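Aac(3)-IIIb protein bound by neomycin.
Throughout, protein chains are lettered first and strands after them, A, B, ... in sequence-line order, and every chain is numbered starting at 1. In each ligand, atom 1 is the first atom listed, and ligand 1 is the first ligand listed. Below, all heavy atoms of this structure are taken into account, side chains as well, without hydrogens, waters or symmetry copies.
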Amino acid sequence: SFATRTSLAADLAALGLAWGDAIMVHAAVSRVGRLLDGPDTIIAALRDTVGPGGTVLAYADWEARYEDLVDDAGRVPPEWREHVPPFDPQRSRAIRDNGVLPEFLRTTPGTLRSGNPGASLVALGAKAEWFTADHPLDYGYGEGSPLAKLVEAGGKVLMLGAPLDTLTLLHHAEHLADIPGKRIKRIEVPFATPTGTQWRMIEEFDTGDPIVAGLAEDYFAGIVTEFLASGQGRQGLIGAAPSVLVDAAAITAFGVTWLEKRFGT
Amino acid sequence: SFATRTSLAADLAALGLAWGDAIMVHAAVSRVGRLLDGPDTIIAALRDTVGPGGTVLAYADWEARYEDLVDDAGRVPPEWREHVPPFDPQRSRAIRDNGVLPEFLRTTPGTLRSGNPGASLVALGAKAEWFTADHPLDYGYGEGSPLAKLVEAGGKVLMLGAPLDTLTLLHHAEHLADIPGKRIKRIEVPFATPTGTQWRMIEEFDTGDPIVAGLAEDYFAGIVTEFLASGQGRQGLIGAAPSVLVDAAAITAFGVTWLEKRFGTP
Ligand SMILES: CC(C)(COP(=O)(O)OP(=O)(O)OC[C@H]1O[C@@H](n2cnc3c(N)ncnc32)[C@H](O)[C@@H]1OP(=O)(O)O)[C@@H](O)C(=O)NCCC(=O)NCCS
Ligand SMILES: CC(C)(COP(=O)(O)OP(=O)(O)OC[C@H]1O[C@@H](n2cnc3c(N)ncnc32)[C@H](O)[C@@H]1OP(=O)(O)O)[C@@H](O)C(=O)NCCC(=O)NCCS
Ligand SMILES: NC[C@@H]1O[C@H](O[C@H]2[C@@H](O)[C@H](O[C@@H]3[C@@H](O)[C@H](N)C[C@H](N)[C@H]3O[C@H]3O[C@H](CN)[C@@H](O)[C@H](O)[C@H]3N)O[C@@H]2CO)[C@H](N)[C@@H](O)[C@@H]1O
Ligand SMILES: NC[C@@H]1O[C@H](O[C@H]2[C@@H](O)[C@H](O[C@@H]3[C@@H](O)[C@H](N)C[C@H](N)[C@H]3O[C@H]3O[C@H](CN)[C@@H](O)[C@H](O)[C@H]3N)O[C@@H]2CO)[C@H](N)[C@@H](O)[C@@H]1O
């Protein structure tokens, strides 16, 4: 009853994961079953399937609970400024909400982490250095982001037992969509620097809620569901977890058209 | 209401943690309260209290589920041998049973991890290399082990909200105790090599149960309780967690004498 890196790789190949793919994974490890090496079995299986020319990616985000202390302009009060732990791409943990896997991937020797804290991705493999390079600090889900590079690279996204609304790539569709009423987030971010802490104001479309009013919180799952229903994407089991595999460029264009059809002109 | 690295260091100083100390920590991080930097707040506070001359240590162990497959001699079935992930001191996770802190410390840049998988410790600070170097693979809780070095260096053990029965150092007292009937655990451990997996049999006194028959599972808690009752050690709050701080040499000698009184003949 032990799932192994060999058995999971066979499940991944049957689902459609291909040699040389850049694969981004959102996993609910508790639904995969008994794993011989725990969550690292999934990372090893993904690397075995894509090979040294492929890349394994996950959404890291940043564990930064100082967000509760900020005012309405997103500023940290001066009495708290020197206590907020600054962002270090090599030492800052991945956010706990994303699950154990993004942190397990981040601490795998050889994995790189991009510089935009809230929008940061981890990448391990051939194009990891390119995926994590030059992440724009403002609107880090847009044109120069790792998510845009995932579309650029013809990559794929694997929902490994995770609820479909956790597909981070659809925030990149939210960014691109020509629709009105886009919600905006502004927050002060501390950055670790060799000379001390450097504060910077960050502006981006708010990803803590749907980009526009009139949408349910988990509305991403409805887009993925309709994307599967249109005959695109693949569904199957990875271990014991019902999983979904989608093409990054196709789902992004679907999401952009989905938003621009319902909202705006 | 956010526990911070400055506030936790103040709690640690009030408990007795001193500049330059080598401190081994057993933590129940959920009891510390709301932390501004999560579990890393505790690690940063410990480093701030001991300073650059001090060292922060935790019991890492090893997350290795293949023990369920072993036969009656502790041997791995041949059809499973090449599938068991081998031990890598830099890549093998800390065991999940020990809590989030040992894994967070292990993955902090600057931390080293010793080579005995089941008994491995992590160390961060001045003596991290000395604490984790040349960990004997057999009887990895005895002579020349990181636990013996913690005693050698006059280090301390911090129970940060953790149950007193998780004090790993008392396994070093179990090893040293001159008592009969000591149970021995022997199991196959895979070691990572460039050429594949290298299997080795590991022999040690069994630390999954009391060293001798007739003892309760949490009997370590009884030793610390009696150790505190004798007027030794310090008690206090670290954040919101009731904590205990003890001298590594004192608790070890207390534990050895405790076992040699109940069991063993002069
Ligand atoms: C939130 C979410 C992760 C919860 O699902 P989950 O399976 O319960 O959480 P995890 O993915 O961390 O998997 C937990 C399993 O991993 C294993 N695990 C967790 N920590 C472990 C550790 N230190 N050591 C070994 N194994 C561990 C365990 O098997 C655990 O199962 P258990 O708690 O039942 O014993 C999932 O619903 C989800 O949304 N995933 C997508 C995340 C994402 O990418 N989000 C983007 C922003 S929304
Ligand atoms: C078993 C034991 C760890 C359980 O105590 P615990 O506090 O509930 O578990 P942890 O120490 O891992 O800390 C949990 C807290 O850490 C935080 N945490 C856990 N994972 C986190 C993550 N990825 N990111 C940020 N914070 C995290 C959370 O605050 C979590 O609280 P929550 O799970 O209620 O939300 C504790 O009782 C114990 O025995 N500690 C000593 C273990 C030891 O060293 N044993 C050696 C021989 S037995
Ligand atoms: N949900 C209501 C809103 O939540 C905000 O905080 C939210 C925010 O920190 C964080 O949101 C994070 C963002 O950061 C990150 N950049 C992308 C990520 N997908 C998103 O995640 C959130 O949206 C997903 C749906 N795609 C959900 O699956 C997920 O459970 C949820 N945490 O989770 C918190 C709660 O979801 C604010 N508190 C406030 O704007 C309002 O309360
Ligand atoms: N206790 C009963 C026995 O437990 C064994 O497994 C045990 C073993 O793998 C493992 O034991 C681990 C050892 O590894 C490790 N080298 C030191 C560590 N202190 C110890 O931990 C154990 O003993 C502590 C008390 N010091 C307890 O606080 C802790 O809850 C317990 N997990 O946890 C399991 C539960 O203790 C066997 N299943 C079987 O021989 C029998 O059931």
- prompt: Which chain letters or ligand numbers go with neomycin?
  reply: ligands 3 and 4
- prompt: What chains, other than any belonging to the drug, come within less than 4.0 Å of neomycin (ligand 3), counting only non-hydrogen atoms?
  reply: A
query: Numbering the atoms of neomycin (ligand 3) from 1, which are under 4.0 Å from a heavy atom of A:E217?
result: 1 (N)
field: For atom 26 (N) of neomycin (ligand 3), the option (of A:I95, A:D61, A:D218, A:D165) bearing the nearest heavy atom
entry: A:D165
query: Is any N or O atom of A:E67, backbone or side chain, closer than 3.5 Å to an N or O atom of neomycin (ligand 3)?
result: no
field: Identity and distance of the protein heavy atom lying nearest atom 35 (C) of neomycin (ligand 3)
entry: A:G208 O, 4.6 Å
message: With heavy-atom distances below 4.0 Å as the criterion, list the atoms of neomycin (ligand 3) near A:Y141.
response: 16 (N)
- request: Write out the residue and atom name of the closest protein heavy atom to atom 42 (O) of neomycin (ligand 3), then the distance separating them to 0.1 Å.
  value: A:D209 OD2, 4.9 Å
task: Could you establish whether A:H171 and neomycin (ligand 3) come within less than 4.0 Å of each other, counting only heavy atoms on the residue side?
output: yes
task: Can you figure out which of A:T166, A:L167, A:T207, A:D206 has its heavy atom closest to atom 13 (C) of neomycin (ligand 3)?
output: A:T207
- prompt: Heavy-atom contact under 4.0 Å between A:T168 and neomycin (ligand 3)?
  reply: no
field: atom 29 (C) of neomycin (ligand 3) touched by protein heavy atom at under 4.0 Å
entry: no
message: For neomycin (ligand 3) and A:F220, I'd like to know whether there is a polar contact (N/O to N/O, distance under 3.5 Å).
response: no
- prompt: Are any other ligands or ions shown closer than 4.0 Å to neomycin (ligand 3), and if so, which?
  reply: ligand 1 (coenzyme A)
message: Mind pulling out the residues near neomycin (ligand 3)? I'm using a 4.0 Å cut-off on non-hydrogen atoms.
response: A:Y59, A:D61, A:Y141, A:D165, A:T166, A:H171, A:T207, A:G208, A:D209, A:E217, A:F220
